[PDB]
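Numbers here simply count residues along the sequence, with the first being 1. Method on record in the header is X-ray crystallography, 2.5 Å. Atoms within a ligand are numbered from 1 in the order they appear, just like the ligands themselves. Keep in mind that the numbers below use all heavy atoms, side chains included, and drop hydrogens, waters and symmetry copies.
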Amino acid sequence: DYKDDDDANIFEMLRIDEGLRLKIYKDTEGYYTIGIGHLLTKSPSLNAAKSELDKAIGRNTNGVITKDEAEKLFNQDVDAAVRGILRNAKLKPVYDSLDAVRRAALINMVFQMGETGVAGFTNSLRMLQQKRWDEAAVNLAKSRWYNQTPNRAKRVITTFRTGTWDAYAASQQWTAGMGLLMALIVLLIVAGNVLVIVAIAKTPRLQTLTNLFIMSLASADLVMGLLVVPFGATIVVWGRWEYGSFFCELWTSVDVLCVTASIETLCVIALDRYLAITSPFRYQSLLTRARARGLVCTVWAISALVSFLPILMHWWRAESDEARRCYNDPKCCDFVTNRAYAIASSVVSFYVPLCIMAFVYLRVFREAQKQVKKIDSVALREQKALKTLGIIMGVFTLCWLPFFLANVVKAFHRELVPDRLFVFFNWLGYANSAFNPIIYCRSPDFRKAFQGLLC
Ligand SMILES: CC(C)CCC[C@@H](C)[C@H]1CC[C@H]2[C@@H]3CC=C4C[C@@H](O)CC[C@]4(C)[C@H]3CC[C@]12C
Ligand SMILES: CC(C)NC[C@H](O)COc1cccc2[nH]c3ccccc3c12
Ligand code: NA
């Protein structure tokens, strides 16, 4: 029938906003429920609920149904909302003035708040019936509704404002696009870094002292691909933190830990190659294989101290409205910090290692020119291995310097960094966990090592 597609459209709107379940389940109050919030019965008996389902559906479902049958239930719930809207003196005149798309927005609010809940938006309702859409969208956003479910509320409010479905089309392709891209990013990180660890760990040719440090660097990248990036992607895709306040702080701590360990490992590398080329005899006299393992544990030990300790102590916390409402919402895991912590933490964990790692390695890179004023083909074999260390140090500074310059600009004046931009700089740094294994293939020894392990 020519009216069928409007029922499918509003069904898909709420499918995105409330979700869909095709098997009977208990709602938070414990009543048997299926579909998009269709409450089957308040009776405790499960068979009474399947009985009510089989009546509405016209077959013996055994408590399982198809998408199309879930839409059949939902059309009945939509009729009940319309009846309630039509009997509410504040909502009926607005509903009568709206087209199908804006009626779907209003019906969607009714599913979330109820008629009385929507009826309390007395000024926004006046602006809708007055077709002052942009002003209705502003007043609607000034609400606890908007603050508690901003993703759904932005979509509904955009729908009242434009009169289109574009916010729901934009969402559904965002979940598919970014859901896929994030999946590939987690695999490219876990794949490239798991290979680098096993290659150095079981290739005798690769068991270089510098490769002992690179295994620390790849070990940081692998925790990123296992315990950090996968969970930060759910925020980028789902629009909220699903794992509670406790795992929010732990995730944040491991995230700060791995980044702090990486720049410190790059700094220890630059200090290793500087001692190696300025004082070779002290290098042989000082660095045993076991002491090199001690530097790694000391780096992670300093990193966990400078990462876990401030975070578990809540030294980072701020008093702003943005900060307190996130701290009191488990669904929010934004890392809102006080201006003091934003500086001291990023300086101790990053700028200081970045300057030493950048200052020392340049004096390393110039002394090699000071000792090789010649043309040579075998020199290319050693300029290449030195260049690889300067690429990894460079790609790290590129992937993460913007995130930390914005972090200090954000501290003095939040005006300048959009949250959209700051999140993008943070994912430029997450991408570094992918690049390193690719850069490790620049050297011939890793190259034949990767090629043998894959067959
Ligand atoms: C995700 C968090 C909570 C766990 C942290 C993992 C810790 C234990 C990791 C980080 C880097 C790892 C070190 C890096 C590589 C080496 C060199 C290897 O030849 C011996 C072990 C040693 C020294 C690792 C010990 C374990 C280690 C310190
Ligand atoms: C989603 C958020 C939690 N991700 C954090 C960054 O990946 C890494 O952030 C840091 C690493 C090391 C030191 C740091 N000091 C900071 C101050 C503010 C924000 C991040 C950091 C930070
Ligand atoms: Na929170």
I'm curious which macromolecule has the most heavy-atom contacts with ligand 2 - what does the PDB entry call it? Endolysin,Beta-1 adrenergic receptor chimera
Tell me the drug found at ligand 2. (S)-carazolol
For (S)-carazolol, the portion of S345 having any non-hydrogen atom under 4.0 Å away: both
List the closest protein heavy-atom neighbour of atom 13 (C) of (S)-carazolol: residue, atom name, distance to the nearest 0.1 Å. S349 CB, 3.5 Å
Residue part near (S)-carazolol, for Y351, under 4.0 Å between non-hydrogen atoms: neither
Select one of side chain, backbone, both or neither to describe which atoms of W316 lie under 4.0 Å from any atom of (S)-carazolol, heavy atoms only. neither
Heavy-atom contact check, 4.0 Å cutoff: does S346 meet (S)-carazolol? yes
Answer side chain, backbone, both or neither: which part of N426 comes under 4.0 Å from (S)-carazolol, heavy atoms only. side chain
For (S)-carazolol, is there an N or O atom under 3.5 Å from any N or O atom of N407? no
Could you name the option among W400, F231, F403, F422 that has the heavy atom nearest to atom 9 (O) of (S)-carazolol? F403
Heavy-atom nearest neighbour in the protein, as seen from atom 1 (C) of (S)-carazolol, with distance rounded to 0.1 Å: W251 CH2, 3.3 Å
Could you check atom 10 (C) of (S)-carazolol against the protein and tell me its nearest heavy-atom contact, residue, atom and distance included? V256 CG2, 3.7 Å
At what distance is the nearest protein heavy atom to atom 21 (C) of (S)-carazolol, and which residue and atom is it? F335 CE2, 4.0 Å
Protein contact to atom 7 (O) of (S)-carazolol [nearest heavy atom, distance to 0.1 Å]: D255 OD1, 2.5 Å
Within 4.0 Å (heavy atoms only), which residues surround (S)-carazolol? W251, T252, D255, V256, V259, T260, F335, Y341, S345, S346, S349, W400, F403, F404, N407, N426, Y430
